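Have a look at the structure below before the remarks.
Along the sequence shown, residues carry numbers from 1. Atoms within each ligand, like the ligands themselves, are counted from 1 in listed order. Worth knowing before you read on, the calculation uses all heavy atoms, side chains too, and leaves out hydrogens, waters and symmetry mates.
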Amino acid sequence: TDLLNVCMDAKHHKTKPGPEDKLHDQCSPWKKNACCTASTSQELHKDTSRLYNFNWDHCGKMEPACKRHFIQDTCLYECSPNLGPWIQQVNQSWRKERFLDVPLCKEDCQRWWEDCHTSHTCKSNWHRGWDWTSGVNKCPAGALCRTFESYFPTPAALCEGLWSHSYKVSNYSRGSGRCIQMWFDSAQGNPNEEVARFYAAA
Ligand SMILES: Nc1nc(=O)c2c(CCc3ccc(C(=O)N[C@@H](CCC(=O)O)C(=O)O)cc3)c[nH]c2[nH]1
Ligand SMILES: *[C@@H]1O[C@H](CO)[C@@H](O)[C@H](O)[C@H]1NC(C)=O
Ligand SMILES: [Cl-]
Ligand SMILES: [K+]
């Protein structure tokens with residue numbers, strides 16, 4: 001119960017979730033109850049935003065169909081008040097907590113992978129090892145640009161590995177209430193509230 005409606009202790013996160021009428025674009029589905037501020041939501045839509053100086057186009061321009069998923073993931077990461085059950089203490093410099101093994105809906109993972117499989121990257125883990133000497137992440141020594149499929153032969157590889165096991169792939173479907181959706185419309189509420197509620201009780 002102490003795992004429901006909480007914000008993890010990380011760089012830009014608010015202390016406690018609450019309404020944010022002004023959440024920008026892709027993050028707007030979180031507007032009734034968010035862990036991110038309007039400002040965070042607008043900045044995260046920008047290329048190489050000031051949140052992390054992370055450049056999605058480290059291997060040329062990433063296709064929009066692909067980039068929207070990375071934006072969506074960052075919406076979830078910054079805004080979701082429904083990941084408490086997967087929050088772990090990590091004592092890193094830019095976050096005391098992160099989430100780990102969030103049961104991501106199979107199809108969200110599949111779609112992410114399919115939409116990105118033509119785009120390019122130089123690394124299978126995007127958390128550690130970038131060349132930051134320019135102030136923005138660049139491909140480090142030994143890292144060649146390749147298709148996403150090269151670094152991520154399956155959707156599970158992408159969803160599980162790219163952010164250091166933030167997610168595990170869940171064998172449940174999107175409306176099931178047994179897996180976290182990265183994409184949702186929420187007109188009838190945030191579907192992930194029920195998911196957190198369920199796993200908290202296990
Ligand atoms: N699910 C999810 N998880 C995320 O983390 C995330 C992010 C943040 C990504 C990010 C990547 C690299 C570094 C960075 O600067 N890395 C350094 C080392 C960092 C350190 O000191 O620990 C590097 O080695 O390149 C810092 C932050 C955006 N969307 C996300 N979605
Ligand atoms: C995943 O779900 C499908 C049905 O949707 C099922 O056939 C399969 O057995 C499941 N996988 C596992 C390992 O349970
Ligand atoms: Cl489409
Ligand atoms: K959520």
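The drug at ligand 1, chosen from carvedilol, nimodipine, pemetrexed, vandetanib, is pemetrexed. The chain forming the most contacts with pemetrexed (ligand 1) in this entry appears in UniProt as Folate receptor beta.
Remark: distances from the non-hydrogen atoms of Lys138 to pemetrexed (ligand 1) are all 4.0 Å or more. Remark: among candidates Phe99, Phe70, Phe54, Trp163, the nearest residue to atom 7 (C) of pemetrexed (ligand 1) is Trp163, based on non-hydrogen atoms.
Only side-chain heavy atoms of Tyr77 come within less than 4.0 Å of pemetrexed (ligand 1); its backbone N, CA, C and O stay farther off. For pemetrexed (ligand 1), the polar-atom distance check finds an N/O of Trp132 within less than 3.5 Å of one of the ligand's N/O atoms.
In terms of protein heavy-atom proximity, atom 27 (C) of pemetrexed (ligand 1) is closest to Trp94 CH2, 3.5 Å.
Here the protein heavy atom with the shortest distance to atom 29 (N) of pemetrexed (ligand 1) is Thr74 OG1, 3.0 Å. At a heavy-atom cutoff of 4.0 Å, pemetrexed (ligand 1) is contacted by both the backbone and the side chain of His127. Distance from atom 1 (N) of pemetrexed (ligand 1) to its nearest protein heavy atom, with residue and atom name: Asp73 OD1, 3.1 Å. Every N/O-N/O distance between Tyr52 and pemetrexed (ligand 1) stays at or above 3.5 Å. The side chain of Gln92, and not its backbone, has at least one atom closer than 4.0 Å to an atom of pemetrexed (ligand 1) (non-hydrogen atoms only; side chain from C-beta on). At a heavy-atom distance under 4.0 Å, no atom of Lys123 approaches pemetrexed (ligand 1).
Nearest protein heavy-atom contact of atom 21 (O) of pemetrexed (ligand 1) is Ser93 OG, 3.9 Å. Where the criterion is an N or O separation shorter than 3.5 Å, residue side chain and backbone included, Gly129 meets it with respect to pemetrexed (ligand 1). Between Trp126 and pemetrexed (ligand 1), not a single N/O pair is under 3.5 Å apart.
The residues lying within 4.0 Å of pemetrexed (ligand 1), counted on heavy atoms, are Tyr52, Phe54, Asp73, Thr74, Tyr77, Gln92, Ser93, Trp94, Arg95, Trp126, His127, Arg128, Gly129, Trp130, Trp132, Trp163, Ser166, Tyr167.
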